[PDB]
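Below is one structure, written out as structure tokens, with a few remarks after it.
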Amino acid sequence: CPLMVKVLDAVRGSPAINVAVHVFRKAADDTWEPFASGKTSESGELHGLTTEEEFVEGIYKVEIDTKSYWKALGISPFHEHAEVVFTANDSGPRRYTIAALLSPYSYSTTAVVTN
Amino acid sequence: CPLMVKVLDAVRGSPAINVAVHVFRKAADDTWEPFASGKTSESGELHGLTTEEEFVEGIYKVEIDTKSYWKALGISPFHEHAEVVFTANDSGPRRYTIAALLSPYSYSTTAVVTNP
Amino acid sequence: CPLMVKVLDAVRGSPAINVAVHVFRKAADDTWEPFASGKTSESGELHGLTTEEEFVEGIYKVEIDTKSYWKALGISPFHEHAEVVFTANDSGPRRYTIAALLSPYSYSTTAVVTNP
Amino acid sequence: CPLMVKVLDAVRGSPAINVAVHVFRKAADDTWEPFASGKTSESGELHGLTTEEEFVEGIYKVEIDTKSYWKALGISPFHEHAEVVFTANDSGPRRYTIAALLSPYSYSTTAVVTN
Ligand SMILES: CC1=C(CC(=O)O)c2cc(F)ccc2/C1=C\c1ccc([S@](C)=O)cc1
Ligand SMILES: CC1=C(CC(=O)O)c2cc(F)ccc2/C1=C\c1ccc([S@](C)=O)cc1
């Protein structure tokens, strides 16, 4: 599992559960090809998005549907979504955890890039 | 000045200076039209991107060129950019401060939305 | 104004207003002496805590009463407070902006340290 | 394991490894009694700090030695440490993950309070 997404809710201090995550790879024409997607689990994690075969070097976008998340909770969000865009680079560390911490008017994302 | 962008560098504990910021508005046809752009000043702030008249309702995207920022400091950052996408002025005109704090492998973005 | 505290509310996308802030300086004997205190204003800022003369080298603790803040909004937050502890003015006098972003179960604190 | 600490490095995008964490419980006299401590693992996690028997209701402080961490990496830190102070409350959710994301001049902490 070379790409994992973990999402946390900073309002309720919980995994952000059932958050839609779409992953895109930048095509040669600079458009975003849908690549992988899913909903975060009860631990706010999304595993099995890609394999080490499929996850080649390139620019990827992780799109977290934070707005849907907040709407389901009855809380007014600011952002349309949380968009994480990064170059997956073969060279060094290669397991990516994309950690997102969500608040209605704020989010942070962090990459944990390991071996 | 209804849309301000402020960028802080979490490594240096300083404003993130000369950070390129590009603003887009989603068009009727769902593409991103170029709305405004600028560089953060010495204070890490970007003022004067737009006006009350111009900043109409819509979905805007603020793309903060965090990569060039880190690169020019010799740091190969994780993200290509920090982009904040939001519906603006849905309940009437507001002042938006897009506050972003940058680390090579992390950024956070906060919105300060005030009613003038 | 060498020490400013700014507090943002990440739930409301607003300044965190009337947030009690207490500043302590570690004494020669290692206890926390009360240095200054105040409430964040409408802008979520707290200015005038100290002066260049008073703000001498030392280890300071800024305790942000984030709990009362959330409580008065009907929210039972996780943390009792947000406290930022730092050595100030080690390389000569600096201006410190303690920037804090609050969510009921999370807070972040950033330091903007500038040389006047 | 009712109290876990996870620390991440936002500069290197990695678990924050070998970070000293001290946990304190507020004594009746308002002093902080040392309670539990440890170093974060290679995954930036600190498990086994307490047990569900020992971890009673009360005000706890998690003190993360972020300054030592940054010094070992040759990076000038701002904070002396990251201090997380919270009331452990029996009532509801009761497994605490204290997540800290570290930068030299910034940190955030988040509580993941689960069942
Ligand atoms: C350690 C850690 C984890 C992993 C875990 O909890 O097991 C995590 C997962 C997320 F989805 C989001 C954040 C975190 C986290 C620390 C953290 C990161 C950013 C912020 S922002 C800058 O406020 C705060 C805290
Ligand atoms: C108060 C405040 C300001 C305004 C100012 O200093 O004038 C700001 C500006 C930025 F460009 C970025 C962050 C902040 C901030 C608090 C803060 C926000 C996110 C984080 S992340 C979640 O670690 C931490 C702290």
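Chain letters run alphabetically, one per sequence line, in listed order. We number chain A the way the PDB entry does; in order, the residues shown are 10-124. Chain B residue numbers are taken from the PDB entry; in order, the displayed residues are 10-125. Heads up, chain C uses the PDB entry numbers, so what you see runs 10-125. Residue numbering in chain D adheres to the PDB entry, whereby the residues present occupy positions 10-124 in order. Only this structure's heavy atoms are used, side chains among them; waters, hydrogens and symmetry mates stay out. In each ligand, atom 1 is the first atom listed, and ligand 1 is the first ligand listed.
Lab note: most contacts to ligand 1 come from the chain UniProt lists as Transthyretin.
With peficitinib, sulindac, deoxycorticosterone as options, the drug found at ligand 1 is sulindac. The letters of other chains with a heavy atom under 4.0 Å from sulindac (ligand 1) are A, C, D. For sulindac (ligand 1), the residues with heavy atoms nearer than 4.0 Å are A:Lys15, A:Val16, A:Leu17, A:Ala108, A:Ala109, A:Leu110, A:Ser117, A:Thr119, C:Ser115, D:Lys15, D:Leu17, D:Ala108, D:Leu110, D:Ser117, D:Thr119. Below 4.0 Å from sulindac (ligand 1) sit the other ligands and ions ligand 2 (sulindac).
The ligand atoms of sulindac (ligand 1) that sit less than 4.0 angstrom from a heavy atom of C:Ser115 are 23 (O). Protein heavy atom closest to atom 12 (C) of sulindac (ligand 1), with residue, atom name and distance, is A:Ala109 O, 3.3 Å. Counting only heavy atoms of the protein, atom 14 (C) of sulindac (ligand 1) lies nearest to A:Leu17 CD1, 3.8 Å. Less than 4.0 angstrom separates some heavy atom of D:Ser117 from each of these atoms of sulindac (ligand 1): 19 (C), 20 (C), 21 (S), 22 (C), 23 (O), 24 (C), 25 (C).
In terms of polar-atom proximity, defined here as any N/O pair under 3.5 Å, A:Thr119 makes no such contact with sulindac (ligand 1).
Nearest to atom 23 (O) of sulindac (ligand 1) among the protein's heavy atoms is A:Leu110 CD2, 3.0 Å. Ranking the protein heavy atoms by distance from atom 15 (C) of sulindac (ligand 1) puts D:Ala108 CB, 3.6 Å first. The entry attributes the source of chain A to Homo sapiens. Interface of A:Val16 with sulindac (ligand 1), defined as ligand atoms under 4.0 Å from a residue heavy atom, comprises 11 (F). The structure places no covalent bond from sulindac (ligand 1) onto a chain.
Under a heavy-atom cut-off of 4.0 Å from sulindac (ligand 1), the UniProt L-thyroxine-binding residues of chain A that qualify: A:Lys15, A:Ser117.
Protein heavy atom closest to atom 11 (F) of sulindac (ligand 1), with residue, atom name and distance, is A:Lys15 O, 2.6 Å.
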Just the distances, no angles: every sulindac (ligand 1) N or O to protein N or O pair closer than 3.5 Å, one line each.
from: sulindac (ligand 1); atom 1: 23 (O); to: D:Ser117; atom 2: OG; distance (Å): 3.2

